[PDB]
Participant: 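Okay, handing you the structure first.
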Amino acid sequence: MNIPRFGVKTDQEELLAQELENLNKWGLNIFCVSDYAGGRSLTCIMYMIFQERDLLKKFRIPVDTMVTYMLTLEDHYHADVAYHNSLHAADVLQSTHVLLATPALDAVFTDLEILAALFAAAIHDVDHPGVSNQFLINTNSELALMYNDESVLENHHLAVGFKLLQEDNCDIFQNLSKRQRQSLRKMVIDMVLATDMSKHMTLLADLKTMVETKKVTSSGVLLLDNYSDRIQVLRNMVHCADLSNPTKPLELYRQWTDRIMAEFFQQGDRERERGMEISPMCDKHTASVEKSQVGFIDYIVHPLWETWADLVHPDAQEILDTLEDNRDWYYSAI
Ligand SMILES: CC(=O)CCCCn1c(=O)c2c(ncn2C)n(C)c1=O
Ligand SMILES: [Mg+2]
Ligand SMILES: [Zn+2]
């Protein structure tokens, strides 16, 4: 291919150039990006980010190969799924891109660790069917049997993300050294596996413990002396970016909330048809969208982002406020 300016073919190039000025900002509107990029946000944003960080040249990644992988990856997100489609992936990627550039983490991560995090973010939900792990377990699916009921979807996301590199002209890591490929794989595994919600408690516990014994340079920049600490920060970062929806401008968060409930209810419908015990928040006949988000933010999202903010202080101060404003907004919408 000839490679379009912003990676994708668009009829609204300038309206798109407008939004991409927010590429490095929390305030980026990915819904607009999707609209202006013919529904290919993940391909667009990943291309932009990779140019922005000079990652194509750094790792000697042919552009045509990069674009072919990204389109392939995007195609394996399900368009009929309400929330867990390529838009969610583009969102999580871009948030991750911002969280990497946060001042308190300046010159901490290697280029490889950066590359891994962005690759993990992009693939973390590929080929999601629109139902939870427990649904795949209860139905005795092939997937749940392969992976022994443990992080089924997440394991599936890793398998699919990596196997796609083998489709014609998709090997974006072809010029990486063996050592680097080995190392990237590990990091990506750890990060994607950390997006299983049942890992959240331990993840946050470790992050909290990290925060209490943190050491800083003269500048305010965090000092992560060794590898083990860094991947712990990377795991939490992608996890944060994954649950970053309620930290965004209210206009966006509400649209995310609508997408997730549609997905949730659609599972519930299917659970009902099959006479299965309905999963939490999936019963359209008894679910309070507004209560659920307040519980979610109170028990999961605030504790998570608070701890992250302590770690990167004071870089996340505005993000934390926005979460608290959004919490309040949903509290009063009951
Ligand atoms: C709007 C948004 O952030 C959806 C992505 C998170 C999905 N999600 C949950 O995972 C969840 C939840 N409550 C408990 N849990 C474990 N809610 C409300 C939720 O949306
Ligand atoms: Mg996931
Ligand atoms: Zn996700």
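Here chain A follows the PDB entry for its numbers: 289-622, in order, are the residues you see. These values consider heavy atoms only, across backbone and side chains, with no hydrogens, waters or symmetry-generated copies. When a ligand or atom number is given, it counts from 1 through the structure's own listing order.
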Participant: I'm looking at ligand 1, any idea what drug that is?
Facilitator: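 The name is pentoxifylline.
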Participant: Name, as UniProt does, the macromolecule that pentoxifylline contacts most in this entry.
Facilitator: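 The largest contact partner is 3',5'-cyclic-AMP phosphodiesterase 4A.
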Participant: Help me out - nearest UniProt active-site residue of chain A to pentoxifylline, and the heavy-atom distance to 1 Å?
Facilitator: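 By heavy-atom distance, the closest UniProt active-site residue is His372, 6 Å.
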Participant: Write down the UniProt domain of chain A that holds the majority of residues in contact with pentoxifylline.
Facilitator: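 Those residues are mainly in the UniProt domain PDEase.
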Participant: Does pentoxifylline reach any of the residues UniProt lists as binding Mn(2+) in chain A within 4.0 Å (heavy atoms), and which are they?
Facilitator: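 Applying the heavy-atom cut-off to the UniProt set, I get none.
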Participant: State which residues of chain A, listed by UniProt as binding 3',5'-cyclic AMP, have a non-hydrogen atom closer than 4.0 Å to pentoxifylline.
Facilitator: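 Heavy-atom check against UniProt gives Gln581, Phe584.
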Participant: I'm curious which residues sit within 4.0 Å of pentoxifylline, going by heavy atoms - can you tell me?
Facilitator: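 Heavy atoms under 4.0 Å: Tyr371, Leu531, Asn533, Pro534, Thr545, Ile548, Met569, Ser580, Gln581, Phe584.
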